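In what follows, every chain begins at residue 1, and chains take the letters A, B, ... in the order their sequences are listed. How was it done? The header gives electron microscopy, 3.4 Å. Note that ligands are numbered from 1 as they come in the structure, with each ligand's atoms numbered from 1 the same way.
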Amino acid sequence: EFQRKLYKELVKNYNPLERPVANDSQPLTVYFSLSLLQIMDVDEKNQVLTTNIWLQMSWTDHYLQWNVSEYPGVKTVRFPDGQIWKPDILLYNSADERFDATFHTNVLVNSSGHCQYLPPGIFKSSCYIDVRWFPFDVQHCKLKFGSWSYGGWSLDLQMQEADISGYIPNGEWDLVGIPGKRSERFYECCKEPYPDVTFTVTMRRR
Amino acid sequence: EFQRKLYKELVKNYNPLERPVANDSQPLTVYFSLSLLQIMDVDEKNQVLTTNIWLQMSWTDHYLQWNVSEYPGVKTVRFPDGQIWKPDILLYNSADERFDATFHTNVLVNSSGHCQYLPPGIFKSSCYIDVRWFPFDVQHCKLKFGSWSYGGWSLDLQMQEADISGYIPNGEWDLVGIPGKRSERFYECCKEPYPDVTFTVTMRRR
Amino acid sequence: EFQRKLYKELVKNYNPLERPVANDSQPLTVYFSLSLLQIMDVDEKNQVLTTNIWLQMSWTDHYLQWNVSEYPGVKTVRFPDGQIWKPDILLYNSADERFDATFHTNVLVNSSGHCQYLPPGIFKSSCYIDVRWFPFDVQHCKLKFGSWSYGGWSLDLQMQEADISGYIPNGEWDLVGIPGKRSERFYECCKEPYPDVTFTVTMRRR
Amino acid sequence: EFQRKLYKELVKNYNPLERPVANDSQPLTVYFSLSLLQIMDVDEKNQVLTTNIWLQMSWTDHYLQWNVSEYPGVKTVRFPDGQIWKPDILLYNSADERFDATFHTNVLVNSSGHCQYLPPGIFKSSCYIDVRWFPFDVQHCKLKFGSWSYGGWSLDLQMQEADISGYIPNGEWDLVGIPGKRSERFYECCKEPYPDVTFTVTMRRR
Amino acid sequence: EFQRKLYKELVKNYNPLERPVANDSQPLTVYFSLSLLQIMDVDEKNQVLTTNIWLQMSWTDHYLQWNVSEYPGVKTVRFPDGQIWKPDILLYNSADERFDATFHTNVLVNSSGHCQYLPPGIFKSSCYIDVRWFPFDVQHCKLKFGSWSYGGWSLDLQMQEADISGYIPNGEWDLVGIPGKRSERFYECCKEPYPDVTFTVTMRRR
Amino acid sequence: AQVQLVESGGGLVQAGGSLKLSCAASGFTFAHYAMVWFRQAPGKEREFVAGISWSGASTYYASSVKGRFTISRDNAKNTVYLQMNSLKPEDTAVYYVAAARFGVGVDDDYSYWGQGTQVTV
Amino acid sequence: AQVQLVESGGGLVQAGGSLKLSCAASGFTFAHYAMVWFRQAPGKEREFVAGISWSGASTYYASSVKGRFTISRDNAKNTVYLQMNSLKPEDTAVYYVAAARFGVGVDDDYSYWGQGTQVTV
Amino acid sequence: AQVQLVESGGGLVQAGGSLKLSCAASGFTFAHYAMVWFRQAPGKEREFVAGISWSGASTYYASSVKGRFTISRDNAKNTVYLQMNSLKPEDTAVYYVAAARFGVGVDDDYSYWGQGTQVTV
Amino acid sequence: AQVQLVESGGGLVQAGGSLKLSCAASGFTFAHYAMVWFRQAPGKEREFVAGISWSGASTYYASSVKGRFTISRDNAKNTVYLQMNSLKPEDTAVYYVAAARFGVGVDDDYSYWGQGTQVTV
Amino acid sequence: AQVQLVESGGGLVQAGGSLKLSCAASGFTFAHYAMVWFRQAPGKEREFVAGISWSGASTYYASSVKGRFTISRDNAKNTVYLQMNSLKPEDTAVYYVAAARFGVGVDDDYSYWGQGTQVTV
Ligand SMILES: *[C@@H]1O[C@H](CO)[C@@H](O[C@@H]2O[C@H](CO)[C@@H](O)[C@H](O)[C@H]2NC(C)=O)[C@H](O)[C@H]1NC(C)=O
Ligand SMILES: *[C@@H]1O[C@H](CO)[C@@H](O[C@@H]2O[C@H](CO)[C@@H](O)[C@H](O)[C@H]2NC(C)=O)[C@H](O)[C@H]1NC(C)=O
Ligand SMILES: *[C@@H]1O[C@H](CO)[C@@H](O[C@@H]2O[C@H](CO)[C@@H](O)[C@H](O)[C@H]2NC(C)=O)[C@H](O)[C@H]1NC(C)=O
Ligand SMILES: *[C@@H]1O[C@H](CO)[C@@H](O[C@@H]2O[C@H](CO)[C@@H](O)[C@H](O)[C@H]2NC(C)=O)[C@H](O)[C@H]1NC(C)=O
Ligand SMILES: *[C@@H]1O[C@H](CO)[C@@H](O[C@@H]2O[C@H](CO)[C@@H](O)[C@H](O)[C@H]2NC(C)=O)[C@H](O)[C@H]1NC(C)=O
Ligand SMILES: *[C@@H]1O[C@H](CO)[C@@H](O)[C@H](O)[C@H]1NC(C)=O
Ligand SMILES: *[C@@H]1O[C@H](CO)[C@@H](O)[C@H](O)[C@H]1NC(C)=O
Ligand SMILES: *[C@@H]1O[C@H](CO)[C@@H](O)[C@H](O)[C@H]1NC(C)=O
Ligand SMILES: *[C@@H]1O[C@H](CO)[C@@H](O)[C@H](O)[C@H]1NC(C)=O
Ligand SMILES: *[C@@H]1O[C@H](CO)[C@@H](O)[C@H](O)[C@H]1NC(C)=O
Ligand SMILES: *[C@@H]1O[C@H](CO)[C@@H](O)[C@H](O)[C@H]1NC(C)=O
Ligand SMILES: *[C@@H]1O[C@H](CO)[C@@H](O)[C@H](O)[C@H]1NC(C)=O
Ligand SMILES: *[C@@H]1O[C@H](CO)[C@@H](O)[C@H](O)[C@H]1NC(C)=O
Ligand SMILES: *[C@@H]1O[C@H](CO)[C@@H](O)[C@H](O)[C@H]1NC(C)=O
Ligand SMILES: *[C@@H]1O[C@H](CO)[C@@H](O)[C@H](O)[C@H]1NC(C)=O
Ligand SMILES: CN1CCC[C@H]1c1cccnc1
Ligand SMILES: CN1CCC[C@H]1c1cccnc1
Ligand SMILES: CN1CCC[C@H]1c1cccnc1
Ligand SMILES: CN1CCC[C@H]1c1cccnc1
Ligand SMILES: CN1CCC[C@H]1c1cccnc1
């Protein structure tokens, strides 16, 4: 069949360590957006917020294009982890002993190389809970995502609005919003700007 | 002997990344059914339900057929994880730090390619315990299973009735039923419907 | 030396996925026996029993025979995990988040292929603690071992009496016995009987 | 493109087990400096201090040089773990069950082989908390970093001043300083001196 | 350079599965000794003792010899785990859920094949705490080390005196001694004696 | 045993003739294999001459044969056919078949080889 | 099928002439492949003659051809060209093309081979 | 040492005769190996001639030998036999045995090779 | 491109003469490569003739050349030299250079090959 | 450098004579290597002639030499010896030694090869 030819052909000359860009002097464009599912817990003795999230990263490969008229029937291909270049996007402020709680899944590609990656996770961020208005409070918590190695001139991260559409209402805390913002910062280690995306969850006490 | 010839022949031209379907423009059919064994715990301060389960998935490969008259004696072959295509079926609403508690085991195949996969697990779902009728309550908890990457036009999941036949009665909570239902949903990320199977455990307080 | 020739010769034509039996239409014979070392804890709020155990499995390979008169000096060979066929024997009723707490070690073989495998572990079974005679009780706990994939017509498990000879007496609970029994059960998934071995620990309160 | 030629050329004759030095009778020079981000917790019943840290080490390879006029566009290359030699720098006094909580990331190299490695981590050190002046105390905690195998005549570690610039102030404890000092000690196991770098966090109670 | 030739030459014909002995009818000699660093905790409700130890085992390979006059500059080589034969020495009485808490590191070989292995670990032993003299007690805890598979006629373990020289005094419990003793025991599984080394920590309450 | 592939239809013919080389198979399930025709000259190496996938319609011919030769298969009689037309004085070599487990016809890992045949022009 | 590469422009010429060997391609996306020219003598093995990357400007020639031959490609007509100038008596062998997925032109993993052609000096 | 395989029974015979090529073995456990007969012509390469698995009944012959020659083994005397009947003028080459650890007779990883023998028709 | 190695100094000389084979390099960093000289006879295979590591002092010669030939390198002019003395009638073959990334001179993974040269005795 | 193996003792002798082929070694620790003798005919490939393990007593000979030739080693003088007796007309070829790190004598991964020698009968 043709699905067995496609997989043998797409990986002829592929180096998982190379940025899949046509002109190697231009930055790739990754699209980032998270999707909340539930506010599992908000600890106050410590300062930690546990949530269920689905990350959404979308880029455009250039070495995984074929012709659906030559390979009839096949219109998408799924690549496991470790065989295709994937962005290294981490959570800067995390309180998990492992520092990374994402559960790796397959990367989905279509006839034009537009790759999609939606890892689920149970993320334990680090927030600041204020109880100076114990009866009523509008707490704001931050989630800061960004690329660790690639940054600036290489991987121009872009933000997409969050998707609160499967949210399951919590008991004590109620959501008020989850705005997002994109920033560019300079660090002491290197001399090239690094972008980042910050999402601000607003939970009001009931 | 013939088992050593069979294992050397069955993996001549095999790509673990390929959907084992004859006509690549038709959807494969997977059969899903869980088997409960015990309701280990039902937390109420948090909202979590811990159970012991055996998943049961059955598909039909097409590249693992032989003739028992040519290979006498051999009527079944067992393949480990990472050498045969296996469906990626996850539990959507999980409260485990790893998000996947299944213990991978072998896949069993017979002379016609009918594969069987029964991973055991101790699953920690997320339920909603209501205590407005503390003396008597009929709590309903949900378990939602579905494919992560494959969905619609590719993997037509089907449901089979649960199997409460080795259940060990609990102390405080008693079972009343575990019905199942199959649904098809549209998500914002893609444009193709995704199926899912939901099992509703009904636990009444004693 | 000869120990370097033996290891290069024994693995010439070996497939670790093959049941090492001479006549592939007959069942292999495995010998199972556990060895207790200490009753580490007996939880009562929950229902769990933590113990320190050494499993003992013994089969007879057929592809690892040599002649000690041709390879002088070498009388035993030790194979790590993943290079020699090992039975998949699990604990059916386990309360550990991983479902398998055995620490894999080497498999020991002698000049006739009689393999020995003694994995140690700290097992957390699931028991039923009755406190209706709180002052005095004779609690019985069960440990059920069996093969997951291989069973019936393939792997005829056999039992050997437990070995309580290094037991370190506990403080509150005192042992009275650890009898064993072998049973042959039919499951709904398949149509071929599966054997199993059950050990009953009897702990009396002090 | 040229990014695919560079990755295929740089790893022609590379042995990840070899010290990347020109004259093998001279010591390599590694540069070490940590960056604090938050004092997550200071336990007193036990003696443990949990912090969020970014290690910073920077050596200079000699086998990863190219010419940006011959490989236009490519000015940096990122190598995963397991393909380029990385120093083994551990925390001598750790209280974590794994003894190493660093999250491995890529190593960044530029046109002259100057490598950079900045692993993040949530480190659990071991401190001595004195409460003889409960209202006011100036507790000092020590973090000792050093190479395990390489030491003396091989890897001349050097220290760089800590970087408290993204510090997020804590609630109860306030920072006063984090000085560093380099020492050279003799151990009983070997006869060659081993260097180490010690950082002293000075937390005063509020 | 010569460090690359040495690494390419030392592994020409090496089988990590073979005992590095010249005459395969004689036992290898391993030297064992532990080094304490701190008594982290002594639980009394349970029976567990947590310590910070450095193991020290030394053998003499026979296949890793070279001539420093032919390979000038190179006087030591470090091999990671999985490429050189290392003794399998475990702690018989452990209370850790994994049964092995050692953190594997490199093996350091010199111009004559004398290897050294010093894995650090946070070991959770199992003790018997007696409180019949609560004001003053001299508790004794045992740590039993030995080889799992190799024993007798193959690996003649030998003991070296412990090294309490970096000990950091504890608060409540004060050390009095850590004697060691070597014993040879017969087990029921096999018929060849197995050696072991037992260290007795003496902790007196303050 | 009994995994036998037998070719037939060889011989000698003048330039611009016809041939109907055939190959019967036995001993294995003929519906799970993709036959490929190979040609070897007395003083050269193996070369592709055609190929058909197991499904039935995946014919892949060679560049110097694209317009002349035609490959076909018959699952009912367990046979393969290579009709040869407009033969040239260069098409002189031994032709033999090679099967392979489920495959496309293009390069695979062949399992069962066949016997040689002689064709001269 | 239909992945066909056809060569043309061969023949015989005296020392110090000219040639315009060309190769047309069909059946595959011509803009995702880097053609390489190979030359084989009657009593020798394959040897490089030129190479061009898929991007368009990566020409790599051989040491003994560096100054004489010139390679070029045309994506609009799906063709490759190897202009040969100042031919010398030892440049007699079969020239054929070989494609390869996204690559530089230097050694790679070739996928689609071509047909032979005869050039004599 | 002493792992020696010795052939015997070679010679010359006219077309349509008989032969009883034999091979004795020593130095290794003869009951844990599957002998395979190989034939090499003066101007060709190695080719299968028969094969028997260690169990005793797995005989696999070649396509062009299927009906003429018969292979057998004797564990009591540590010998292998290849009865040859109806010899043709093509069966002229050196025949030698090759053992292999527990195997089927079909392609394996051979360990102990044997000595050559001459058979002419 | 422009990664070119050009040899020179070939010719013919009677037994017991002298030669100064040289090889210039261009296109790559000459200080990160170890040149190795290879010799191929008309009816034989490649063979070592000498080798020098990138550092500057690692000369490894062959057993049959140990005392006659001497290898040297010049990083300032990007050249390698192989002085040949007391040539014998058996030293007739094509000599060419081969570079390799950081290496010792002994067997390695060569990257850039050179052009042939003819020396006759 | 200086890892040199030098052969000696070649020549010509009538059928049924004697020979004492010897091979001296230098440049490496001779007590950590197992020498193996290889023989190559003018129109054939390499073949085993003998082998001795590093320990001192592991001599493995070939089937066609088992009874005639005898291999030995001397660690004090860094030499190997292959006494040849009852030479026969087909024992004409180049004999050379090959070392290998700690090994048995049977197939290993050889490191240092030797020089050729001529023996004619
Ligand atoms: C494959 O995916 C791409 C990306 O979604 C599709 O191309 C267009 O992508 C843009 C976003 O960059 C969408 O806004 C368009 O709607 C997409 N075109 C559509 C949906 O027709 C592309 O169409 C998909 N399929 C193929 C065969 O290319
Ligand atoms: C191998 O398994 C298949 C699947 O169970 C058997 O084929 C039939 O499968 C259907 C379900 O799709 C069952 O309802 C039938 O009972 C099965 N046939 C039987 C049990 O005879 C098949 O028979 C099994 N064995 C072989 C040799 O094919
Ligand atoms: C290798 O182990 C086997 C198995 O123990 C020994 O063979 C006999 O095995 C039975 C159990 O099936 C024991 O009851 C016998 O005592 C064993 N024979 C003995 C101990 O002599 C065998 O002897 C062992 N060694 C060799 C060289 O075969
Ligand atoms: C690559 O990185 C090195 C190291 O940073 C740069 O070389 C100099 O390194 C020293 C530290 O050892 C700095 O103080 C200098 O500022 C660096 N030179 C600069 C920044 O020009 C080197 O320049 C970097 N880039 C290249 C192409 O070499
Ligand atoms: C390599 O290590 C060995 C082992 O330490 C050194 O050889 C001697 O080993 C004994 C212990 O078995 C020590 O008591 C001696 O002091 C060691 N000799 C010394 C230190 O000179 C050996 O010297 C070390 N180095 C070399 C080049 O062999
Ligand atoms: C790549 O981009 C550069 C500048 O952006 C341009 O000069 C060049 O032509 C582009 N294409 C290449 C380098 O192949
Ligand atoms: C895909 O193939 C068809 C037929 O071979 C062709 O007409 C079409 O142009 C190809 N696609 C593109 C983008 O050229
Ligand atoms: C596969 O299915 C399609 C439509 O369902 C049909 O046209 C075709 O003939 C089938 N077989 C193939 C494509 O081999
Ligand atoms: C299996 O083999 C036997 C004998 O070779 C044959 O009769 C039978 O038809 C084969 N099976 C099928 C499904 O054809
Ligand atoms: C294997 O066992 C079967 C029945 O148990 C018997 O008929 C056969 O002869 C035995 N040996 C084989 C199949 O080689
Ligand atoms: C082992 O070898 C010796 C000598 O080669 C032989 O006498 C003995 O029979 C062999 N073992 C068996 C079981 O035959
Ligand atoms: C390396 O250093 C030594 C002494 O430090 C010196 O003699 C030598 O020339 C240097 N270079 C080498 C060894 O290549
Ligand atoms: C890099 O290449 C350019 C052009 O090839 C050359 O001029 C320059 O010298 C090279 N770099 C170095 C350090 O020589
Ligand atoms: C090895 O030791 C045995 C006895 O200890 C001895 O007989 C033999 O000669 C030694 N050397 C060997 C076996 O090569
Ligand atoms: C090491 O090499 C030197 C010079 O090659 C030599 O003199 C010395 O003997 C060698 N070492 C040993 C132990 O022989
Ligand atoms: C971009 N990262 C964010 C903080 C560290 C920095 C970095 C820079 C270079 C290599 N790794 C990490
Ligand atoms: C919404 N989908 C189903 C769950 C995961 C998600 C998805 C979609 C496409 C590719 N990967 C994941
Ligand atoms: C009921 N069986 C025994 C326990 C697991 C289960 C099973 C059956 C077939 C294949 N895998 C698992
Ligand atoms: C330098 N290290 C510090 C403590 C252990 C010591 C060491 C020495 C040699 C090999 N491994 C570790
Ligand atoms: C020393 N080991 C642990 C206890 C038994 C013994 C053993 C024997 C055989 C195989 N594994 C382990």
query: Quick check: what drug is at ligand 17?
result: (S)-(-)-nicotine
message: Trying to figure out what (S)-(-)-nicotine (ligand 17) is stuck to here - the chain with the largest number of contacts. What's it called in the PDB entry?
response: Neuronal acetylcholine receptor subunit alpha-7
- prompt: Which chain letters come up when looking for other chains with a heavy atom under 4.0 Å from (S)-(-)-nicotine (ligand 17)?
  reply: A, B
- request: Give the residues of chain B annotated by UniProt as Ca(2+)-binding that have any non-hydrogen atom less than 4.0 Å from (S)-(-)-nicotine (ligand 17).
  value: B:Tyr187
Residues within 4.0 Å of (S)-(-)-nicotine (ligand 17) (heavy atoms): A:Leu118, B:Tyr92, B:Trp148, B:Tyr187, B:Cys189, B:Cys190, B:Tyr194
